Colleague: 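Here we have a deposited structure with acetazolamide present.
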Amino acid sequence: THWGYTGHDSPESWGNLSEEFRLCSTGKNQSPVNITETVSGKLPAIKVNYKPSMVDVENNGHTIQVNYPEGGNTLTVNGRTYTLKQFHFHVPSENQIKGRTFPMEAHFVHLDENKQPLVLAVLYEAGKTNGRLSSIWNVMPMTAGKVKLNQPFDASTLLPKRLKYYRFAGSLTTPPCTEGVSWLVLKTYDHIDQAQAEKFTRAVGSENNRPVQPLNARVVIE
Ligand SMILES: CC(=O)Nc1nnc(S(N)(=O)=O)s1
Ligand SMILES: [Zn+2]
């Protein structure tokens, strides 16, 4: 079933597009969120074990995704190890800090060995060109499709050395809006060109951020 960010199948209507998408409207622990008030807590430190891999670059209609057909890129937090599957982008950002929307956001999507999902998010301010992303931007499929990149890509370069994060629980930001997703949002921001942002939008065909959702019961730790 088709869905999107504009027109008549937009995010406020995702719930009634089918029965399997119904948590997009009835869920109480949904992403993204406006992080406004937090609780200052002793969060467990992130350990990134990312290395170069032979990735491919896909345009799936809704985003530009970079898929990892093997394990090997992991991140460890609080004892559990999480395998990176794919990372991808929203322009503009989905999550907000104090009502601030950033020109782009990245989502590094993982499963531990229980299939318990974790999203690690990087936020992009407007700034100089992103040298480390230009490898992906060059081959970026400008319609639905897939290119195997034939030079190794290193996702370690897309994460900061300073790894403080905001921690909450949430959902996918795309249908079926499944819950049980751990959200870690990094505090140190990366940077993108105005042109890299336009180009993404040109490829994907729209602004691909879901509107922010109520926190309800949820507390955000920082
Ligand atoms: C099948 C699948 O993996 N779907 C998703 N992955 N990441 C998502 S996002 N916008 O929540 O981070 S939705
Ligand atoms: Zn996403």
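In order, the residues displayed for chain A correspond to 5-226 in the PDB entry numbering, which applies throughout. Ligands are counted one by one from 1 in listed order, and the atoms in each one are counted from 1 as well.
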Colleague: Every copy considered, what are the ligand or chain positions of acetazolamide?
Modeller: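 The drug sits at ligand 1.
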Colleague: Counting heavy-atom pairs under 4.5 Å, which macromolecule has the most such pairs with acetazolamide, as named in the PDB entry?
Modeller: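 The chief partner is Carbonic anhydrase.
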Colleague: Go through acetazolamide atom by atom and flag the ones less than 4.0 Å from a non-hydrogen atom of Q90.
Modeller: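 Once the distances to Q90 are compared, the set is 6 (N), 7 (N).
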Colleague: Counting each atom of acetazolamide from 1 as listed, which ones have a heavy atom of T177 under 4.0 Å away?
Modeller: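 Checking each atom against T177, I get 9 (S), 10 (N), 11 (O).
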Colleague: Is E98 in contact with acetazolamide, taking contact as a heavy-atom separation below 4.0 Å?
Modeller: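 Right, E98 reaches acetazolamide.
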Colleague: Under 4.0 Å from any heavy atom of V113, which atoms of acetazolamide are there?
Modeller: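 Those atoms are 7 (N).
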Colleague: Need the acetazolamide atom indices (1-based, order shown) with element for anything under 4.0 Å from a heavy-atom of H111.
Modeller: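 In order of number, 9 (S), 10 (N), 12 (O).
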Colleague: Strictly less than 4.0 Å: does any protein heavy-atom distance to atom 8 (C) of acetazolamide fall in that range?
Modeller: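 Answer yes: something from the protein, a heavy atom, is under 4.0 Å.
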Colleague: What UniProt domain of chain A accounts for most of the contacts with acetazolamide?
Modeller: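 That's UniProt domain Alpha-carbonic anhydrase.
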Colleague: For acetazolamide, which atoms sit closer than 4.0 Å to a heavy atom of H92?
Modeller: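 Numbered from 1, acetazolamide contributes 7 (N), 8 (C), 9 (S), 10 (N), 12 (O).
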Colleague: Should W187 be counted as touching acetazolamide, given the test is an N or O pair under 3.5 Å?
Modeller: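 No: no nitrogen or oxygen of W187 is under 3.5 Å from one in acetazolamide.
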Colleague: Examine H94 against acetazolamide and note whether any of their N/O atoms are separated by less than 3.5 Å.
Modeller: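 Yes; at least one N/O pair falls below 3.5 Å.
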Colleague: Identify, for atom 13 (S) of acetazolamide, the protein heavy atom at the shortest distance, and state residue, atom and that distance.
Modeller: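 Looking at atom 13 (S) of acetazolamide, the protein heavy atom closest to it is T178 OG1, 3.0 Å.
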Colleague: Check contact between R214 and acetazolamide, using heavy atoms of the residue and a distance below 4.0 angstrom.
Modeller: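 No, that is not the case, since the closest heavy atom of the residue is not under 4.0 Å from the ligand.
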Colleague: Look at atom 4 (N) of acetazolamide and say which protein heavy atom is nearest, naming residue and atom and giving the distance to 0.1 Å.
Modeller: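 Protein heavy atom with the smallest distance to atom 4 (N) of acetazolamide: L176 CD1, 3.9 Å.
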Colleague: Acetazolamide: which protein N/O atoms lie under 3.5 Å from its N/O atoms?
Modeller:
residue	atom	partner	partner atom	Å
acetazolamide	10 (N)	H94	NE2	3.2
acetazolamide	10 (N)	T177	OG1	2.5
acetazolamide	11 (O)	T177	N	3.0
acetazolamide	12 (O)	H111	ND1	3.2

